[PDB]
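Figure: structure with dihydrotestosterone.
The chains referred to below are lettered A, B, ... by the order of the sequence lines, with proteins before strands, and numbering in each begins at 1. Quick note: numbers below take in every heavy atom, side chains included, and nothing from hydrogens, waters or symmetry partners. In each ligand, atom 1 is the first atom listed, and ligand 1 is the first ligand listed. This entry, so its header tells us, was determined using X-ray crystallography, 1.4 Å.
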Amino acid sequence: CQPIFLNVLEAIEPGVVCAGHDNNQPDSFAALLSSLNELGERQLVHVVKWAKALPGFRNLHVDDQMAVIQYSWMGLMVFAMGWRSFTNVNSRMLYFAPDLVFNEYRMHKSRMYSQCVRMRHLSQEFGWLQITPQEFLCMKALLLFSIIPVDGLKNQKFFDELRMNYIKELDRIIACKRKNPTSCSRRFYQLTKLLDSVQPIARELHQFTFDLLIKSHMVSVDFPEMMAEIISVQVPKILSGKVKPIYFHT
Amino acid sequence: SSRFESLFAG
Ligand SMILES: C[C@]12CCC(=O)C[C@@H]1CC[C@@H]1[C@@H]2CC[C@]2(C)[C@@H](O)CC[C@@H]12
């Protein structure tokens with residue numbers, strides 16, 4: 001039998017995205033954050049192309065298609081960055097981009113050291129849990145469907161159906177080489193715990209970027225127009241509790 | 001929003 005679902009996820013996975021950072025200049029808070037913001041915008045372009053090509057994504061109302069991307073991009077990007085960090089440098093540094101790698105000095109200079117260490121821990125877990133490339137792909141897709149509005153989406157039913165199907169695919173990937181139900185259960189527990197761990201990190205980053213945008217003119221940090229829009233219009237909905245992550249565990 | 005919507009639309 002052909003692994004149709006996984007074939008698609010591998011086929012649509014975005015390639016390498018560079019930040020455009022000048023590594024020849026001494027590190028500075030303004031330059032590092034301005035580059036992270038530019039990287040955010042560049043990756044968002046790829047996240048949109050990727051999301052729109054996901055199995056069943058078109059089943060969603062168009063307004064919901066746009067909403068889920070605008071609410072989940074932080075978690076999606078952090079998860080992918082953690083995977084890059086693990087695969088490329090064994091979690092020794094945060095591999096935001098080939099031209100924007102953070103050692104501890106840069107983590108400190110960025111003024112979000114605590115968040116960076118939590119992301120480094122996330123990266124390490126990909127190794128400790130022996131996450132396979134296929135589990136990574138399925139989990140990342142699930143992250144796109146893990147944050148929704150309290151007031152409900154345009155067509156909440158279509159979204160619930162799609163999320164359920166992605167969870168089913170994750171079950172299938174776990175069962176592939178596991179014949180015992182207990183072994184599958186243990187793996188599902190591990191993976192859902194890992195997925196949940198992305199949310200608190202994403203919220204801390206949402207808070208940090210929101211505060212940074214508000215005082216950006218005072219610290220010389222540049223925000224691309226689109227990022228400024230999303231962080232001032234969508235992110236506050238999350239921070240004010242109107243849009244919340246779907247946790248597997250409490 | 002507008003900027004994102006335009007991106008999303010292509
Ligand atoms: C999503 C990005 C950029 C893409 C990535 O690899 C993960 C990383 C996590 C920190 C984000 C950054 C984009 C710009 C932000 C939002 C800064 O304003 C503060 C936190 C930064």
Exercise for review: Give, per UniProt, the macromolecule that holds dihydrotestosterone with the most contacts.
Suggested key: Androgen receptor
Practice item. Note the other chains with a heavy atom under 4.0 Å from dihydrotestosterone, by letter. Key: A
Check your understanding: Which domain of chain A, as defined in UniProt, supplies most of the contacts with dihydrotestosterone?
Key -> NR LBD
Point to revise | A/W73, any N or O under 3.5 Å of dihydrotestosterone N or O | key: no
Point to revise | Overlap: UniProt 17beta-hydroxy-5alpha-androstan-3-one-binding residues in chain A and residues with a heavy atom under 4.0 Å from dihydrotestosterone | key: A/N37, A/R84, A/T209
Exercise for review: Report the organism recorded for chain A in the deposit.
Suggested key: Pan troglodytes
**Study point:** Where dihydrotestosterone meets A/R84 - atom numbers and elements under 4.0 angstrom, heavy-atom basis
**Key:** 6 (O)
**Study point:** Atoms in dihydrotestosterone flagged as close to A/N37, the criterion being non-hydrogen separation under 4.0 Å
**Key:** 14 (C), 15 (C), 17 (C), 18 (O)
Point to revise | Distance from atom 11 (C) of dihydrotestosterone to nearest protein heavy atom, with residue and atom | key: A/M74 SD, 4.2 Å
Review point. What are the atoms of dihydrotestosterone, with element, lying closer than 4.0 Å to any heavy atom of A/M81?
Key: 6 (O)
Practice item. Tabulate residues with any non-hydrogen atom nearer than 4.0 Å to dihydrotestosterone. Key: A/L33, A/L36, A/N37, A/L39, A/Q43, A/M74, A/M77, A/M81, A/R84, A/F96, A/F208, A/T209, A/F223
